[PDB]
J.: 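We have in hand a structure of NysL carrying nystatin.
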Amino acid sequence: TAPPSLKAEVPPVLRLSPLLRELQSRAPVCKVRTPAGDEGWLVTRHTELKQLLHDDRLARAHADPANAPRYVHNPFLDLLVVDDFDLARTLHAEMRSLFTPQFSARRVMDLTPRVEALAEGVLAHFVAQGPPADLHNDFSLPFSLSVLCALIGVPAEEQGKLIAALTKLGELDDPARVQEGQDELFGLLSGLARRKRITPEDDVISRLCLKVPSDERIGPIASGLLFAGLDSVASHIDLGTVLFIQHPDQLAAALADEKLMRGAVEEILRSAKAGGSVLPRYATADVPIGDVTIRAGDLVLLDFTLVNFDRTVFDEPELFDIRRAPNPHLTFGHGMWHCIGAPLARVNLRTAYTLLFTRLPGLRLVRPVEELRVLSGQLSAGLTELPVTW
Ligand SMILES: C[C@@H]1[C@H](O)[C@@H](C)/C=C/C=C/CC/C=C/C=C/C=C/C=C/[C@H](O[C@@H]2O[C@H](C)[C@@H](O)[C@H](N)[C@@H]2O)C[C@@H]2O[C@](O)(C[C@@H](O)[C@H](O)CC[C@@H](O)C[C@@H](O)C[C@@H](O)CC(=O)O[C@H]1C)C[C@H](O)[C@H]2C(=O)O
Ligand code: HEM
């Protein structure tokens with residue numbers, strides 16, 4: 001297969017696939033065939049990813065968005081792209097000025113007692129019947145979701161439908177099912193905005209109303225935030241928990257020392273996914289990078305965790321070392337595109353690991369890790385299940 005194809009099934013969890021390892025050793029920027037069947041440029045190395053994150057010729061913009069080369073087939077992902085390059089710039093700037101104040105240090109610090117309290121409640125439900133239990137579906141997802149709902153302003157009576165609607169939102173190669181969850185989610189969130197415009201509450205939707213006069217527009221905006229943080233946080237709770245099970249003496253040191261726990265969270269972010277953490281861009285003009293020229297209109301695949309195994313940056317990247325320092329991973333991106341939820345994601349993760357392992361020090365897998373499976377055909381795909389006992 002020339003160019004190499006990315007849809008090479010799914011590698012085992014917590015391991016860098018042979019395909020991606022050879023692509024990275026081959027060149028910093030590689031032409032590949034995407035899961036959707038089109039052609040794209042995979043950025044494989046740390047320095048080149050950083051450079052492209054700071055190059056204003058990469059954008060969520062294309063002269064013909066409907067016909068542009070695709071990474072995967074998903075209409076919700078397609079909503080990030082507009083056909084006017086000036087409009088793409090101003091929309092991106094606007095979105096960052098809307099969202100950045102919601103994740104200030106004061107706000108995340110102030111939310112933290114609430115985050116810890118939500119973790120405690122989810123844990124009670126997770127352990128209520130004793131072991132074994134599914135860490136993914138009965139702790140990681142409900143905890144990740146309850147935090148996002150508390151911050152965004154989704155009441156309890158609607159959180160039950162969210163996991164379902166958000167699941168069908170991420171489905172690949174089924175535009176009709178993505179449209180269903182899109183309909184259901186956009187209608188739910190914009191109705192909340194209509195209410196909170198009249199009766200403001202301490203949540204993000206209420207504060208978005210003060211700068212976004214359209215309730216309709218708050219639908220996709222809020223949906224973006226939820227989808228950006230739900231599976232991303234949940235899957236890192238899952239995989240970080242496995243990494244800790246596999247490295248008990250490092251887990252013991254992280255539990256005894258908060259600074260070591262912060263380092264451990266960073267090492268889990270660096271290494272848990274081990275490639276495949278791709279978001280797309282398009283070139284709006286020719287971009288020379290490494291020894292190739294990305295052409296205007298071309299698809300560019302930014303893989304934010306493949307670069308965390310770049311041997312020219314990380315010594316022994318395949319080893320889990322919570323004391324790794326410095327730890328310049330790019331899991332949250334960089335620059336003008338840097339993940340706005342990163343401070344919240346970090347609090348969620350250290351809250352989860354701290355609570356889980358102090359309450360359940362015997363946590364272990366029910367079956368060998370080789371038997372875990374990632375859901376297929378899913379944007380932001382996580383484990384089907386994570387059975388644990390304690
Ligand atoms: C300007 C507009 C307009 O006015 C309005 C009218 C339009 C709004 C448009 C809304 C549509 C939003 C787009 C969502 C797409 C998500 C794709 C996720 C893909 C996830 C990928 O997954 C893969 O999939 C493959 C198939 C599998 O083979 C792989 N093994 C793997 O699983 C990679 C996963 O990514 C990360 O997860 C983080 C991502 O979430 C981030 O945090 C959000 C980034 C992005 O979402 C930012 C937006 O979301 C912010 C949004 O808010 C913008 C916004 O409204 O602007 C408003 C103001 C973390 C996971 O570790 C990583 C992972 O899994 O490795
Ligand atoms: C461990 C969990 C998470 C990871 C690994 C992660 C990763 C990322 C990455 C790599 C990007 C850059 C995407 C690109 O350049 O196209 C990004 C952007 C973004 N993330 Fe996250 N994220 C996480 C959690 C969250 C959470 C919890 C939220 C919201 C509560 C969030 C909201 C956003 C937003 C709004 C953007 C768009 C920034 C922009 O377009 O300039 N993320 N995230």
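Residue numbers count from 1 along this sequence. For ligands, and for the atoms within them, numbers begin at 1 and follow the listed sequence. Values below: every heavy atom of this structure, side chains too, minus hydrogens, waters and symmetry copies.
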J.: Which ligand numbers or chain letters correspond to nystatin, including copies?
T.: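 It's found at ligand 1.
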J.: I'd like to check which nystatin (ligand 1) atoms, numbered from 1 as shown, lie under 4.0 Å from a non-hydrogen atom of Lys273.
T.: 60 (C), 61 (O), 63 (C), 64 (O), 65 (O)
J.: For atom 3 (C) of nystatin (ligand 1), is some protein heavy-atom partner under 4.0 Å away?
T.: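 No, there is no protein heavy atom closer to it than 4.0 Å.
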J.: Nearest to atom 15 (C) of nystatin (ligand 1), what protein heavy atom do you find, and at what distance?
T.: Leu77 CD1, 3.9 Å
J.: Please report which non-hydrogen protein atom sits nearest to atom 21 (C) of nystatin (ligand 1), along with the residue it belongs to and the distance in Å to one decimal place.
T.: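 Here the closest protein heavy atom is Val278 O, 3.7 Å.
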J.: What does the entry say about the source organism of chain A?
T.: Streptomyces noursei
J.: Check whether any N or O atom of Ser277, backbone or side chain, sits under 3.5 Å from an N or O atom of nystatin (ligand 1), and answer yes or no.
T.: yes
J.: Which atoms of nystatin (ligand 1) sit under 4.0 Å from any heavy atom of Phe76?
T.: 11 (C), 12 (C), 13 (C), 14 (C)
J.: Could you tell me whether atom 45 (C) of nystatin (ligand 1) has a protein heavy atom closer than 4.0 Å?
T.: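 Under the 4.0 Å cut-off, atom 45 (C) of nystatin (ligand 1) has no protein heavy-atom neighbours at all.
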